[PDB]
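Shown here: lanifibranor bound to Peroxisome proliferator-activated receptor delta.
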Amino acid sequence: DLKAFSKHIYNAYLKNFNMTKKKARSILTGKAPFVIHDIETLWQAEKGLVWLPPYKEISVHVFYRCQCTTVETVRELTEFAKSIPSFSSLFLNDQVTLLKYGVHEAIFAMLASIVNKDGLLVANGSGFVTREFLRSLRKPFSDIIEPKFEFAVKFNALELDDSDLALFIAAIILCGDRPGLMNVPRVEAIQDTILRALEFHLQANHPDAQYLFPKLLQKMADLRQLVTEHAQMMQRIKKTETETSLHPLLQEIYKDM
Ligand SMILES: O=C(O)CCCc1cc2cc(Cl)ccc2n1S(=O)(=O)c1ccc2ncsc2c1
């Protein structure tokens, strides 16, 4: 039962996400990606070695590439959530509420899978952008990604695998205290099952792990603070970077945050 639950979620994870932490760790360790570290190498990656609204500048171009990836991750997470039979039973409007307030939390948790202290993978792992380069972009674009790295570095210390992330992401999305939920008791009931499956799965997959389950519950709270600060950055960019095109889907997500 609780094992069949964890297996069903893990299969939905494998079936809906192109880049798993397993694959990403193969590329990051060397079992190679083109390194994008300055304007010169960025342009070479665009020509064909690695790869949108009209061009504007280098910083905005990086923004557009990150924006497209997150939009794609939003699509995958939507199919992941739907692949959970309990989630699909909720009314479509409640489904939209869970995704609205949950995707960025899941996205940032999965971002740690393709990230180390020096950069992150891009374009199905065929490229690698250095943390230095992102830092050197024009404000405020250089301030967006740095808090994600600091979270990711600490999150990867836990050394979760794809089987853990599937349940961890499922618990992020099925959060009972999202604003505007119609059937709060139903969602909370689904989350409690997922959480019980998570601890159950962690006991078997990480026997020697001390406090791993409560640490993940703290990580979930961290992710909510990370998204709150991320939503503010994006709202400030909407006000001061009027020339930067914001994706309408991400606009709706941030609309009331
Ligand atoms: O509004 C939005 O959320 C879209 C915009 C999101 C976004 C724009 C952006 C621009 C720069 Cl110069 C640095 C980080 C940036 N981020 S991010 O930190 O959130 C990010 C970066 C890479 C990535 N690869 C899979 S996911 C994912 C997420």
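Residues 174-204, 209-228, 235-440, in that order, are what chain A shows, numbered as in the PDB entry. Remember, it's 1-based here, ligands and their atoms both numbered in the order they're listed.
Around atom 5 (C) of lanifibranor, the closest heavy atom drawn from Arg318, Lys421, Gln250 belongs to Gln250.
Nearest-heavy-atom check against atom 23 (C) of lanifibranor across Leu432, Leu294, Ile420 picks out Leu294. Residue contact check: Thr253 has heavy atoms under 4.0 Å from atoms 4 (C) of lanifibranor. Entry annotation: the source organism of chain A is Homo sapiens.
Contact annotation: for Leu303 versus lanifibranor, heavy atoms closer than 4.0 Å belong to the side chain alone. Within lanifibranor, the atoms closer than 4.0 Å to a non-hydrogen atom of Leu320 are 12 (Cl), numbered from 1 in the order shown.
Within the 4.0 Å heavy-atom criterion, the part of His413 lying near lanifibranor is the side chain and not the backbone. Evaluated by nearest non-hydrogen atom to atom 18 (O) of lanifibranor, the leading choice among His244, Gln434, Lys331, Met417 is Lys331.
Taking only non-hydrogen atoms, the option from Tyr247, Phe291, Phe324 nearest to atom 11 (C) of lanifibranor is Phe324. The dominant UniProt domain at the interface of chain A with lanifibranor is NR LBD. At the shortest separation from atom 25 (C) of lanifibranor among protein heavy atoms lies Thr252 CG2, 3.3 Å. Nearest protein heavy-atom neighbour of atom 7 (C) of lanifibranor: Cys249 CB, 3.7 Å. Considering only non-hydrogen protein atoms, atom 14 (C) of lanifibranor sits nearest to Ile328 CB, 3.3 Å.
Only side-chain heavy atoms of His287 come within less than 4.0 Å of lanifibranor; its backbone N, CA, C and O stay farther off. The protein atom (non-hydrogen) at minimum distance from atom 10 (C) of lanifibranor is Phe246 CA, 3.8 Å. Residues in other chains coming within 4.0 Å of lanifibranor by heavy atoms are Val245, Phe246, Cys249, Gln250, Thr252, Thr253, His287, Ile290, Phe291, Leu294, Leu303, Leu320, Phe324, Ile327, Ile328, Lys331, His413, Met417, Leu433, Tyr437.
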Pairs of nitrogen or oxygen atoms, one from lanifibranor and one from the protein, closer than 3.5 Å: please tabulate them with distances.
{"residue": "lanifibranor", "atom": "1 (O)", "partner": "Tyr437", "partner atom": "OH", "Å": "2.8"}
{"residue": "lanifibranor", "atom": "3 (O)", "partner": "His287", "partner atom": "NE2", "Å": "3.0"}
{"residue": "lanifibranor", "atom": "3 (O)", "partner": "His413", "partner atom": "NE2", "Å": "3.0"}
{"residue": "lanifibranor", "atom": "3 (O)", "partner": "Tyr437", "partner atom": "OH", "Å": "2.5"}

